Protein chains: 2
Amino acid sequence: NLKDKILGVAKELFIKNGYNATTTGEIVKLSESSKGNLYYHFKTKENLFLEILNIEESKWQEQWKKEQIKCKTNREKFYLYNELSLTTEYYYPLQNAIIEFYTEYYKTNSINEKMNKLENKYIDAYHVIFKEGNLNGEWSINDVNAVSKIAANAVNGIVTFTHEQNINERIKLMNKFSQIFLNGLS
Amino acid sequence: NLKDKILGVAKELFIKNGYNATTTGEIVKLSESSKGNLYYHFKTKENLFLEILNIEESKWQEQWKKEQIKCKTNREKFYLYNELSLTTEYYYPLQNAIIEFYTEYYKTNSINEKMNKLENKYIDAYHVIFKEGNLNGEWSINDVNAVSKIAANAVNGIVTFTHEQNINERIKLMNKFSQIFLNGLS
Ligand SMILES: CC[n+]1c(-c2ccccc2)c2cc(N)ccc2c2ccc(N)cc21
Ligand SMILES: Nc1ccc2cc3ccc(N)cc3nc2c1
């Protein structure tokens, strides 16, 4: 594909290097396509990137729907979502590239904008889990949005800043966390 | 001292031009030293930078040693310390050179090894709050080292991935989080 092989080499470059480490010269070299092509659906580098973020956030949110049935209760969905977070091939592997990118465009205006419709997909998962959990007496949480946001970020932290120690310790810690967290809501 | 003048000049350069832009040539000239002396004291830019980082951790440890006096109980030191990490990174100049550096040296083992004897120092603060909290029966944690690795990374997550919200909100969340986490140990 054309408008898609671009996004493909893109996602990869952004992961295998950094947000800046990969420049348009590169995309149009490994994806092969006149600089112009990169101008339709992608009105900028921050578009090509803020684009992939949406795909990714989606591919994951979907993989999660197709894997969350293994969780009978929400207290179980909480643990599961967090544990899966550690192993997907989606979204979470671009957290570094995002940190970077948000430190080099957070000045522009449309930065804190797209980072809204996207931030809502991101904390959705927890939102559903914590809300559906009040309807299920599992716990009682007045400020759901707060907690979703907290949990989403805490988790992303555990996932991102420990991506160096053996996968089994990572999942071990993440569970102790999910454990401590939920025990804090009741 | 010529060693110290190099660390000083280099810090400033990294802060103004960033990690990538600062060459060792500049560092050598502005500190009135030589490629040889620099090589002898640090070997590489990556090492130079990690040494700056080590020194920064220390000043931060010392700063904490004084600040915590404000916090009588460890429950308090926990809340406090999390708030400090939040607010202080907000206006921490090296922060950008740091991002730029980490997301560019987490594959290498040279930079992945020393980068961890460093992270360990950050984690120790929590280690202490937690160990000491046990002896005062504020809580009872049988796995202090783990709970520590968790707090450390859960917190950076909230610090690092909430940058799009206004400061009071961020601090509101961080305190809510400290509240929940501390509650799940009870
Ligand atoms: C896992 C290390 N680590 C920390 C870090 C985490 C806990 C304590 C000290 C530093 C980090 C902290 C901030 N603010 C921003 C980016 C990074 C980062 C980025 C990439 C990477 N590969 C490791 C990274
Ligand atoms: N990797 C590192 C090393 C040392 C650090 C020292 C700091 C001092 C104050 C502050 N607000 C953030 C800091 N972050 C650091 C991150």
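Chain letters correspond, in order, to the sequence lines: A, then B, then on. Residues displayed in chain A correspond, in order, to the PDB entry positions 2-187. We number chain B the same way the PDB entry does; the residues here are 2-187, in that order. First listed ligand is number 1; within each ligand, the first listed atom is number 1. Heavy-atom basis, side chains included; hydrogens, waters and symmetry copies ignored.
The name UniProt gives to the main binding partner of ligand 2 in this structure is HTH-type transcriptional regulator QacR. The drug observed at ligand 2 carries the PDB name proflavine. Under a 4.0 Å heavy-atom cut-off, the other chains found next to proflavine are B. Counting heavy atoms under 4.0 Å, the binding site of proflavine comprises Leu54(B), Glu58(B), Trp61(B), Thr89(B), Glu90(B), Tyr93(B), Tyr103(B). Scanning out to just under 4.0 Å from proflavine turns up other ligands and ions: ligand 1 (ethidium).
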